[PDB]
Each structure stands twice: as structure tokens, then as C-alpha cells.
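Opening notes on ibuprofen bound to Envelope glycoprotein 2.
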Amino acid sequence: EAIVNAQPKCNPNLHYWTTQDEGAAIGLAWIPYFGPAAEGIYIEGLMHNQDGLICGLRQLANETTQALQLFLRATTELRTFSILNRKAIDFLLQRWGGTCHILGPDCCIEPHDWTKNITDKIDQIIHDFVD
Amino acid sequence: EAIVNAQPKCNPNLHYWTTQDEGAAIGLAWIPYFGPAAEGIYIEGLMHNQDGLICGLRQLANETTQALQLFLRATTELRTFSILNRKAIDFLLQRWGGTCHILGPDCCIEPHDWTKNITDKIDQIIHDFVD
Amino acid sequence: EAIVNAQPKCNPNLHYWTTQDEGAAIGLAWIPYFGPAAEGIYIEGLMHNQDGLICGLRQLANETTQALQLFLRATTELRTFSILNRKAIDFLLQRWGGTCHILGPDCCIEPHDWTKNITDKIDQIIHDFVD
Amino acid sequence: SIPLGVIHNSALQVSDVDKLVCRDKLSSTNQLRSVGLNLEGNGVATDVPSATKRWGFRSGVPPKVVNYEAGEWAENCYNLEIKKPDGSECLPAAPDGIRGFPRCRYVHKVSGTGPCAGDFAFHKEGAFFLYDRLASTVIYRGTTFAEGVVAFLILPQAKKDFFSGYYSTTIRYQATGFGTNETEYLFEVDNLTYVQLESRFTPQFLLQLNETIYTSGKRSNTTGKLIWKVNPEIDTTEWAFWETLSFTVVXXXXXXX
Amino acid sequence: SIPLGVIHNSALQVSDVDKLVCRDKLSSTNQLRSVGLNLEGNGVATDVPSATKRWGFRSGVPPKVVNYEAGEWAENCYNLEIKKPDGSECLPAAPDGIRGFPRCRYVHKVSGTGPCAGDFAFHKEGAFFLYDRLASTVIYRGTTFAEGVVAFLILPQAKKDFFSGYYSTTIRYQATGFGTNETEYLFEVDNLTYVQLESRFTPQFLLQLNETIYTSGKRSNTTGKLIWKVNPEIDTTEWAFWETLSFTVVXXXXXXX
Amino acid sequence: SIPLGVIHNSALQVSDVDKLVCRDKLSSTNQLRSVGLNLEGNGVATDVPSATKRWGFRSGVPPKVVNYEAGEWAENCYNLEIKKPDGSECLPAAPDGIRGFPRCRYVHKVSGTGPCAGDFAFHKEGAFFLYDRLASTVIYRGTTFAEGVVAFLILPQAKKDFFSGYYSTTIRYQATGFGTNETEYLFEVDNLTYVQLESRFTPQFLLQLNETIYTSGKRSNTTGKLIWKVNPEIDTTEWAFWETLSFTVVXXXXXXX
Ligand SMILES: *[C@@H]1O[C@H](CO)[C@@H](O[C@@H]2O[C@H](CO)[C@@H](O[C@@H]3O[C@H](CO)[C@@H](O)[C@H](O)[C@@H]3O)[C@H](O)[C@H]2NC(C)=O)[C@H](O)[C@H]1NC(C)=O
Ligand SMILES: *[C@@H]1O[C@H](CO)[C@@H](O[C@@H]2O[C@H](CO)[C@@H](O[C@@H]3O[C@H](CO)[C@@H](O)[C@H](O)[C@@H]3O)[C@H](O)[C@H]2NC(C)=O)[C@H](O)[C@H]1NC(C)=O
Ligand SMILES: *[C@@H]1O[C@H](CO)[C@@H](O[C@@H]2O[C@H](CO)[C@@H](O[C@@H]3O[C@H](CO)[C@@H](O)[C@H](O)[C@@H]3O)[C@H](O)[C@H]2NC(C)=O)[C@H](O)[C@H]1NC(C)=O
Ligand SMILES: CC(C)Cc1ccc([C@H](C)C(=O)O)cc1
Ligand SMILES: CC(C)Cc1ccc([C@H](C)C(=O)O)cc1
Ligand SMILES: CC(C)Cc1ccc([C@H](C)C(=O)O)cc1
Ligand SMILES: *[C@@H]1O[C@H](CO)[C@@H](O)[C@H](O)[C@H]1NC(C)=O
Ligand SMILES: *[C@@H]1O[C@H](CO)[C@@H](O)[C@H](O)[C@H]1NC(C)=O
Ligand SMILES: *[C@@H]1O[C@H](CO)[C@@H](O)[C@H](O)[C@H]1NC(C)=O
Ligand SMILES: *[C@@H]1O[C@H](CO)[C@@H](O)[C@H](O)[C@H]1NC(C)=O
Ligand SMILES: *[C@@H]1O[C@H](CO)[C@@H](O)[C@H](O)[C@H]1NC(C)=O
Ligand SMILES: *[C@@H]1O[C@H](CO)[C@@H](O)[C@H](O)[C@H]1NC(C)=O
Ligand SMILES: *[C@@H]1O[C@H](CO)[C@@H](O)[C@H](O)[C@H]1NC(C)=O
Ligand SMILES: *[C@@H]1O[C@H](CO)[C@@H](O)[C@H](O)[C@H]1NC(C)=O
Ligand SMILES: *[C@@H]1O[C@H](CO)[C@@H](O)[C@H](O)[C@H]1NC(C)=O
Ligand SMILES: *[C@@H]1O[C@H](CO)[C@@H](O)[C@H](O)[C@H]1NC(C)=O
Ligand SMILES: *[C@@H]1O[C@H](CO)[C@@H](O)[C@H](O)[C@H]1NC(C)=O
Ligand SMILES: *[C@@H]1O[C@H](CO)[C@@H](O)[C@H](O)[C@H]1NC(C)=O
């Protein structure tokens, strides 16, 4: 599909917060005893609406809600942390879950260099055919 | 192995219940505030013993218990949700965890179309050998 | 990198404990009601410093701590069980996450047997070229 | 390793992810399923006396929970409220998010007492207690469960073979000496009227007997406890569920002949 | 299926792992992201009266929590301390490890009472309550939250397009008849001085009005409660946040004209 | 990124899943391992005075737990029962399913008091407290632990190189001024008989001293407290564990020369 923003408004800027997974290399700050409290682990950034990505993102999050809620209704986990890892697995299973038929539409193996390796080396059997 | 049902009896029918992962598209029913309570999220079905699959399934569940219990003894997770995802990963690692040696017994890459692509195109070098 | 043990000392022996994932086949011991209590599920072993692996392991665990702590700061999971499964996924995504360009440095597909299958079978077209 | 079912040659087979061949296709996690199957369906005795003899108390073993995504409609489930003689609870409260088994035709609610020599109650045969999409190794207080076991499958991508609403009825029991060799059970008609329970009494016989007691006026019409006994000569129904009178007086014991 | 955003042809698109082509590259779990977006940014009314009308109590639905890795700085968040008339708590305590939303310019702390006809408070429009990297389907007691929704993305490997510190201010409110048709709200200046709240009052107007009351000496100088009203003729600011006087007396009601 | 050990050229090496070459084979999740290693094995001082100086109280940091699948048998573990002067608990109770470290030759059980200026006790050097296959960033009340760190490995598929039962002894200590510059420690012989602790006292020296006190009859034979001191001239054992008298009187202080 495509993303059709259909909200009353769009804040075109995303002033965001997040954590850094490897962000306190300075001295002893990585040690929990010395490091920041819960309130001071965030990094900030600002992102503008190049390629309409912010207004798209807002619409995408809105449209994700129905599916997400229905998934949460169906799970017995109290806190769900596995959605992105499960997407990662399903990515791999789509591509690599069966036999990969080379040159078929559902197999991501490029022989491009292996084509011209053999077209190059027929000219040491038909080219080198010396009587 | 094969599944040898060795129980005193077998109910050949499986009158089952389950949740649907995307099952309440009608209006506002997906919204938790409006949707069904815990008791009304289930779908039902009936499955008969074609190919002996129900009687097999009963035996399979029985035989799974020892391994499952021993796995639960060994885990420190209080609630285990990761068994099927871990099977998915191990499926992928079996096939794709090493180098895939083409035409070997442990590599699921079919060159069938790539064989006859090159047998087709030798006849624009040995067939087209015009003096 | 390489592992440079830089600790004051190294116990060269690793007298270890662990659980066995499928370890109580004897009779009824797999059944929780009959099996061992929490205290009696461990197996032991002893491992010496062949190839400097124990002294390396000690240093590796020391050096892992900063990254691990920073990862734990950033997660909202109270108990983290998914580190090795996530490594497994990232292993697969590194190798198989894109298109596999055959004979490129980032594609683990060996055509070795498929090379000499076709070099063997040109000698039923150039070898068998009977007038 | 944990076995994994798969459909090959029009038959279910045990294998695992290691034992598959390239022809076998796992193109999505949707193909993976965990199913709970009820001991009922293997032909076990489902009457309260026979069923409770399969459970027992034990200390030192930490409880464990595994989830399962689909289950089987049960005829018989159980719901236990057991205390020690001193009035302290024998079973733990249901953990957060552990609700009772979702489809039970008859819930056998047993209230009573026993020694309860152990921290948690386990299945002596190694089976699980099935709750709402969570299988526990132990019994939770006042929470409905079916005894059962769990299977894991790789379903095929498309089609897997060659070719009534939900009513639940609660049945109450009093118990003494629970989880011992000398356990005694009473089927409850009202708070003062009871029947001495036996293994041969089916759920439908109990509901019919109850129906008869209310409509024959054979309930305790005093402040005191009335315990009926059915003498051996009255049959009630050795067939599985899916293939299937006068009263005189002698607490207050009595006979129904 | 849960939608998954991806950047194709200089545009965000919905697809999923099943709908991709081989050119699309997922070489690491780092490329996967969950983002929380605030309803604010879609243009919803953020005033306490309008905001609370989107929430409601309901029983029988178990709460659910999903995590998200990054969020948006909010103008408006909310923190609820609601009790029944009998003094019992309407909302559950925050579960272990659920802290409040980390960036709020204004936290609207509403204390008060209401019937609270239901076990948990949900979002009537299906949105989530965003806490510190955890989104819940329900409201926790005394824990700051932003209303919002969650998106999942596959970011590209490198670069994704063509080509002030943190201050939080708490604003206190009294409420009666919370989560009903006849809810009443009072903005709190001190423990004895209040203003009748209206939907048109913005956060900056409330802080300015508060500032004026303290520096004009219009606070209750008795033991009793003083409730100011602002008559209709005084405007306060229909534009979104990112694009943007005398006192006389008549408990004790009063008018600011 | 979190480092991942791997065996290349008959040596352990740091790399990660991103840095591997196609020759490296991960054919199963069984090849992945997390191991806990004890600070003991790096040569740290294991005596109670030296060990406790590595821990400290701190607020605002949420505790975190990670699991590990295999550990090392410890000589020295610790079990803390600390209270404030007002009798309130300094450490939280063990969360559900966090049992103590499974192999300790000596468990140093320290009971006592201190200011405890912070919500949780952390490791000042950044190490973890190792419990039964769970590593925490904090110390739990009355739960045995070894100080340590965690490694992750990809083991090879087959063979990884070129080419006594379990006894635990508990040792009790009294403490005052715990987690401060002026902490005082007493080794406990019985409820009335104590020894002033010093860093140079090894576990085997304490058990030998205890053995001597009981078999020389040097225990308090009154209602009152008796605190022995060992004067500087009596040595006890700077070597690691894996490579290795008269009494007179002066509460009631005393000297063992
Ligand atoms: C899987 O299915 C099998 C077959 O139905 C079940 O086997 C049962 O195993 C128990 C032992 O755990 C047997 O009970 C024992 O019976 C003997 C007398 O025969 C008695 O002396 C012992 O004290 C004990 O009670 C039981 O007879 C046996 N059933 C059959 C039909 O042979 C097994 O329990 C199932 N596994 C699970 C996890 O449900
Ligand atoms: C995703 O975005 C859409 C569009 O902004 C949101 O749609 C909103 O949906 C609700 C219904 O759930 C609408 O409320 C209803 O309004 C009618 C009158 O128009 C009233 O009779 C109903 O009782 C109800 O209040 C709301 O008008 C509508 N918004 C717009 C601008 O059309 C939707 O809520 C968003 N989804 C999430 C999960 O946030
Ligand atoms: C990993 O191994 C290294 C080396 O054994 C450990 O390094 C230790 O780091 C701490 C700082 O966190 C050092 O303590 C400091 O000592 C100085 C005086 O030298 C003092 O002024 C400071 O106040 C502080 O106490 C310690 O000396 C150092 N050890 C060595 C032998 O150099 C490190 O702790 C290990 N990491 C983990 C997580 O266990
Ligand atoms: C062997 C196989 C036929 C068992 C089986 C059992 C239940 C279900 C339901 C429809 C589900 O999707 O959970 C499918 C397949
Ligand atoms: C569509 C895309 C541009 C959204 C988006 C939002 C937040 C972030 C931050 C930097 C993160 O890494 O979480 C990246 C990308
Ligand atoms: C580097 C390597 C030799 C470390 C190591 C440590 C412990 C174990 C045990 C047998 C386990 O399987 O957990 C294996 C390997
Ligand atoms: C259990 O009770 C039975 C009678 O029901 C009796 O024969 C037996 O002695 C008892 N067993 C034990 C171990 O006490
Ligand atoms: C029976 O007793 C229980 C408590 O033991 C009580 O809750 C119930 O109302 C009583 N029912 C009748 C019909 O007396
Ligand atoms: C017993 O009979 C009465 C009267 O018909 C009925 O109300 C009651 O529910 C019956 N008991 C059971 C267990 O169904
Ligand atoms: C009173 O008691 C007896 C049972 O004890 C019962 O059979 C009798 O019918 C009751 N009386 C009436 C009028 O029903
Ligand atoms: C809710 O209150 C309004 C007035 O604010 C009133 O008109 C209406 O009758 C009430 N609705 C219900 C359902 O009681
Ligand atoms: C206002 O009242 C609250 C309790 O309702 C109290 O905690 C606070 O200190 C009071 N503040 C002032 C300024 O009186
Ligand atoms: C109201 O004004 C006083 C005095 O300037 C100030 O202390 C107080 O914080 C203000 N209230 C708010 C909500 O900012
Ligand atoms: C006392 O009360 C009134 C408000 O009720 C206020 O306007 C007046 O200024 C106060 N007095 C002083 C000296 O500020
Ligand atoms: C800590 O105690 C020492 C003596 O043991 C003393 O010299 C020092 O002043 C104290 N430090 C602080 C910061 O109070
Ligand atoms: C020592 O005191 C503790 C309580 O402080 C008590 O539990 C224990 O029994 C006592 N032991 C002896 C030998 O007196
Ligand atoms: C001290 O000695 C006595 C007598 O031999 C013994 O019972 C006690 O356990 C000893 N203490 C320790 C800590 O081993
Ligand atoms: C009584 O007390 C002292 C220690 O205070 C001890 O040395 C002495 O031997 C004790 N008496 C006996 C008979 O052991």
C-alpha cells in the first residue's frame, strides 16, 4: 500500500527522544552505581518532513493500531517485547524458508558475476581449441 | 520417527478453540473498550481424523511431555513463550548456518532453471560458430 | 580483536556448573513431582586452560560488562533472556539479509561442485562433436 | 530435543528442525503451532475421585509455565479450594494473567480439607494443568483447569489432508483428607444436603440425581446435615463421553434404593 | 498482520516482510524500530475536558503492554489520581518498571472523584497510553502519560532522505463526576483558590492567570474555598501548538472581568 | 555491541555476528552460550571487609536482570541481612524465581546495620551479583551471591581444543556502619562470643579459630557479650585459593596471644 495522511493536522517536525544502546563511554558513566538515573538516559533529536516521512509516520502509527490491538487481545504475555524480532524471523523465512530456485522470482541469489565468470572461461576451451 | 498411538483410547474428533490474531474487523470491536471480554475472544472448529492426524496429535502431545518438562526444569523464565520462535531460528540455522555447497545434500539451492539457462545459451556459441 | 588477559590473576581451571536441557531419562525422574529439587538439577565439569581458553574467557567476560550494562540501561524488560536468540537472528541477517551475489565476499554460497559439474559436462558437447 | 510434528505422506510424524529435508517449507511463523490436548481424549478416568488421585503435593520444585495457542473443548475440568485443618490455604492464588480453561462442559468445583504436605501440587504422571492458553506444572487456587499435554507442529502452508453454543455446568463437592489414601468426597445438592460420592457416578447422573432430589422433596428440611447414599444396585452408566427410585432415612445418614 | 513501514521511492510505504523484494535489505535488527507518536501531532484537542472524554472504564478486558523504543516530546501529558466517593482507588498502581512518559512540557495532574464503573480505564478511540518506552491499553494511578499510537519500521542501512533543554511544568486540577456526562473541573491556584475550567483555556493562559492571581493578590485570604470564574468575553488563544483585567467577588464564587 | 567470543586459530577471540566469515558455522542455538565468571578467578580480595567495600547504595537507577546458562563453582559467596538503625530493611526481598548462587564453598552471611543511603545496592566496579542463573545489577536480601561477570560465546559444533561432592559452610558475621568509611565487623562463634574481624583472616583460619574456641572452652560463660581480638603477631596465611596459642581476658574485650 501507500501512506495517505488523513488526520485533521500534521506536526511536520518530529522532536524525538530515545535511548542509546552503547552511549556512556566517558570514564565510569557505564557503571550503574555511577551512571545517570532513569531521567537522564535519553538522547534527543529533531527530524523534519523531508520526503513527507514524518506526516507518513504519523499516519502509519494510526493505521497500525487496529492490527496491534488485535494482536494484544490474542496474546497471554503481559508485556510484549518480541514484535520486531518476530518480524526479523519472518523476513528470513520468506526468503529462505524453502528451496531457493535460482532465477525464480522468490529467490534472492544473484548469479551476475557467476554468469560472466563462465562466459569468460569458455574462451579457454572454444578460444583455446588448438590443432 | 513415526507416531504410534499407544493410549487406552482416542477421541477421533478435535473440537478445538483458539484465538484469531486479526479477528474483529466489524466497526469498533477491535478497540479494547468496546470489544469482547476475555470470555468472548475464542473461535471454534471441529477437525476429524483424516490421515489419522487427530489420533497422531494426541500421541505426539503425550510424547512431547518428557522433553518439555526437562526444558522447563532447566529454564529460569517463569513463563516460557519462545519455544516456537526458537524452532524457527533453528530451522534457518540448519539450512543457512554455514556455507551452502551447491548440489550438496545439506544446501537447499535448486539450480534447475539455471542449468537449462546455460544449456540453452551454449547454442549461441557452438550453434553460432559461423565461418 | 584478540583477547589480552590483563587481570591481576587467572585461575587457569574452570570448575563449572550448568543444567542439562534433556537430563533425566531414568524412569520417573523427568516428572516434576518425582524429580530433583532446585538444588539437584546441576551437572558439573572441569575444564583446563588448553589454548589459553579459560584465561581468555575470564578476560572476555570482564570486557563484555560495559556493553552489557549499557544494553541493560536501555531495555525496559526487567529480566532479559533474548540476547543469544538476537545474536542468532543477526548472524542470519548478516549473511542472508540481502541478495546473495555469488562469488562476492559477503555471500556464503560455494559453487565448487557446481563448477566441476559443468566442466565435466562440456565434454558431452565439445568432446561429443561427432561429424 | 522437544519434538516437532509435521505432515509427511498423509501422516503425522515426529521430527525436528534438524531432521528436515529441503522440500519441507517453513515460510512463516504462522505455520508454527502449539496445541493443548486433554487427557480425557486418551481415555483416562475423569471422575473426581480418580482424577484427584493423579495429583500430589511436593516442595523444592519451582513451578513452571509454558503457553499454548489452541486447545480442546473439555467435558471435565476442575476447580480446587483446599485448606489445611488449621484453615490456611493449600494452593497459591492464580498469578497475574492466568485465567481458567476456556471451554468446560462440567466444572467439578471441589472445596475441602487435607494435610497438603508440600508447597505446590503437581501432576504425578507428568502432565500439565491447562489454563487459558497457559500450561502450568502446578494447581492454582480456585482456578478452573483441564489436565493435558502440549504438542508443537509445523502445519503446511495451505490444506493439510486427503479427501452448538457453549454451556458450562458447575458441580460442587465437599472433600476431607484430600490428597491422601483415605480421601472422602460428598456431592453437594444444597448447603445441608449431600450424596456420598463414588467413582462410577458420571456428571449426567449427578445432575439427574440432583434434579430428582429437588423435585421429589428429599432435601434436608431441618438445620442439620443430610448425607444420602446410593446403594450398589443402582447403575449410572466403561465407555468414553464422545461415544455415549425410592428414598428412606436411617448429621443424618440415609439410603436411596 | 501488523503493518511495517519502509522507505521506497523517497516515500514511506506500508508493507510487511512477506511483501518485500530481494532489493530490500535487512542486514541487522538495528534497522528495526518501534516509534510512539502522540495524538497531539494529529491535531486532537489537548485540554483536560476534551482529553478525558476520550477515556472510559470497562471490566472483563485484561490490560496489555507493548514496548516502543523511541518517542516524541509532548506538550501535554496527564497524571490521574481518581477515587470513588467512598475513597477507594479508581486506578491501579503502576506495575513494576512502568515509569511516566519522559518528555512533557505540561503535565496536567488531575485529582478528583467519579463513579468509575469498571475495573480499568481504556482509550475509547483505541489509542494507547504512552509511558516510559511502554504502551499500555490502560491508565495507571499517578503515572504521567501521553496519548498515542505505535509504528514499526525497517529503516535503511545508512541515510534515509533526499536533499533547548527540558522544562516540565505541572498544572493541577480538581475534578468531580470524572468519566461521566456531567464532569466538572477546577484549575488549582493554591489549596483554597480555584478557577472554573473551560475547554478553551490553554496551558499558557492558565500559567498566566495563575501568575496574575498571585501578583494581584486575588487568592483566598480566609479559611474558605474561593472559586473564580472567567466570563465568556475574555479570549485565551483553533491553532495547534507547533504553529503558535479586573477581579470582583459575588465556598465563595467570583467573577474575573 | 555486546562482544561475542569465538574460537579461531586455537585461541579465544572477540568478534560479533557482523565480523564473521563464511567458514564460521552457527548451525544451532545450542552453539550459543552465556557463562558467568567469578571475580575470585581474576584475583580480587574475597574477605568480607574488602568485598563489601566494592558495593554501595544508590537511588534513581532501576535494577536489571540478565540470565546466564552456566557458572563457576565459588569459594566465596555472600548473603546480606542489613537493616537501618530504625530496624527497617536495607535490601529488597528476592524477586520471584531468583534463588541463590548454586555452588559456594563458603557463604559469608553478614547480618548488621548501616545508613544505607539509597534504594538499591550496586557494584561500584560495574560487575554483577550472580544468583542461580540470573545476574542482577543489585543485591537482594538474604540471598546468596557471587560477584562476577558474563561472557557470550559461539562454541564449535564438536570438540573445542588441541591436544569431589559439594560441601558448603556458612560463616556468620555481625556488622555496624555497613557501607561507610567506618564499618566494623565481628566474626560470630555463638550468640555471645565474637572475634574482631580483619582483612587478613581467611575462611579456613576462621573455621580453625572457631574449632579452637569451642574445644578450648573460650566461649562466653555468662549472659554477656565476649569479643576476642587476635593481636597482629598471629599470621593466618597473598596467594589465591586455587594455588594454596593462648587466651586471656582484659560487653567484655579480650586478647588471643
Ligand atoms: C503418555 O501415555 C502413556 C500411555 O497412556 C501414559 O502411561 C502411564 O504412565 C503411568 C506412569 O507414569 C502409569 O501409571 C503406573 O501404573 C502402574 C501399574 O500399571 C502403577 O504401579 C504405578 O504406580 C503407576 O500408577 C500408567 O499405567 C500408564 N498408562 C498406561 C495406559 O499404560 C503416560 O502417563 C502419558 N504421559 C503423560 C505425561 O500424560
Ligand atoms: C486514526 O485517525 C482517525 C482520523 O483522525 C481517527 O478517526 C476518529 O475515529 C473516531 C471513532 O473511533 C471518531 O469519533 C466518532 O465521531 C462521531 C462523529 O463524527 C461520533 O458520533 C462517535 O461517537 C465518535 O466520537 C472520530 O471522529 C474520528 N476522527 C476523525 C478526524 O474523523 C482514529 O481515532 C485514529 N485512530 C487511533 C487509534 O487513534
Ligand atoms: C575488568 O578488569 C579490570 C582489571 O582487573 C578491572 O579494573 C579495575 O577498575 C577499577 C575502576 O572501576 C579500579 O579501581 C580504582 O582504583 C584506583 C586506584 O588504582 C582508585 O583511585 C579508584 O577509586 C578505584 O578504586 C581497579 O584498580 C582496577 N583494577 C586493576 C587491577 O587495575 C575492572 O573492574 C574489571 N571490570 C569489572 C566489571 O569487573
Ligand atoms: C495436526 C493438525 C491438523 C492439528 C491442528 C489443530 C488445530 C488447528 C487450529 C485450526 C489452529 O490453527 O490452531 C490447526 C491444526
Ligand atoms: C521514518 C523515520 C525517519 C522515523 C524515525 C524516527 C526516529 C528515529 C530515531 C533516530 C531512532 O533511531 O529511533 C529514526 C527514524
Ligand atoms: C571457551 C569455552 C571452553 C567455555 C565453556 C564453558 C562452559 C561450557 C559448558 C560445558 C557448557 O556447555 O555450558 C562449555 C564451554
Ligand atoms: C493408606 O490407607 C490404606 C487404606 O485405605 C491402608 O491400607 C494403608 O495402610 C495406608 N498406607 C499408608 C502408607 O499409611
Ligand atoms: C451456601 O453457603 C455459602 C457459604 O458457605 C454461601 O455463600 C451461599 O450463599 C449458601 N447458599 C445457600 C443456597 O444457602
Ligand atoms: C439442582 O437442581 C436445582 C433445581 O432444578 C437447580 O437449581 C440446581 O442448579 C441443580 N444443581 C446443579 C449442580 O445443576
Ligand atoms: C421433609 O423431610 C424428608 C427428608 O428428610 C422429605 O422426604 C420430606 O418429603 C420433607 N417434607 C416435605 C413436605 O417435602
Ligand atoms: C448526560 O447528561 C446530559 C446533560 O449534560 C443529559 O442531557 C443526558 O440526559 C445524560 N445522559 C444519560 C444517558 O443519562
Ligand atoms: C496543599 O494540600 C496538600 C494535601 O492535600 C498538601 O500536601 C500540601 O502541602 C498543601 N500545600 C499548601 C501550599 O498548603
Ligand atoms: C503560580 O504562581 C506562583 C507564583 O509565581 C508559582 O509559585 C506557582 O508555581 C504558579 N503555578 C504554576 C502551576 O506554575
Ligand atoms: C483579600 O481578599 C481579596 C480576595 O478575596 C483580595 O482581592 C484582596 O486583595 C486581599 N487582600 C490583600 C491585602 O491582598
Ligand atoms: C571517612 O572516615 C575516615 C577515617 O576512617 C576519615 O578520615 C574521613 O574523614 C571520612 N570521610 C568522610 C568523607 O567523611
Ligand atoms: C542465636 O540467636 C538467633 C536469633 O538472633 C536464634 O535464632 C538462634 O536459635 C540462637 N542460637 C543459639 C545457639 O542460641
Ligand atoms: C564452630 O565449632 C562448632 C563445634 O565444632 C561447630 O558446631 C560450628 O559449626 C563451628 N562453626 C562454623 C562456622 O563452622
Ligand atoms: C569460663 O570462662 C572463660 C572465658 O571467659 C573460659 O576461658 C573458661 O575456660 C570457662 N570455664 C570453663 C570451665 O570452661
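Chain identifiers are assigned alphabetically (A, B, ...) following the order of the sequence lines, protein sequences preceding nucleic acid strands; residue numbering begins at 1 within each chain. Whatever order the structure lists them in is the order used to number ligands and atoms, beginning at 1. Note: hydrogens, waters and symmetry copies are ignored here, and every other heavy atom, side chains too, is used.
- All copies of ibuprofen taken together correspond to ligands 4, 5 and 6.
- Other chains with any heavy atom closer than 4.0 Å to ibuprofen (ligand 5): A, E.
- In the deposited entry, the molecule designated chain E bears the name Envelope glycoprotein 1,Envelope glycoprotein 1,Envelope glycoprotein 1.
- Applying a heavy-atom cut-off of 4.0 Å to ibuprofen (ligand 5) picks out A/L14, A/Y16, A/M47, A/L57, E/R33, E/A70, E/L153, E/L155.
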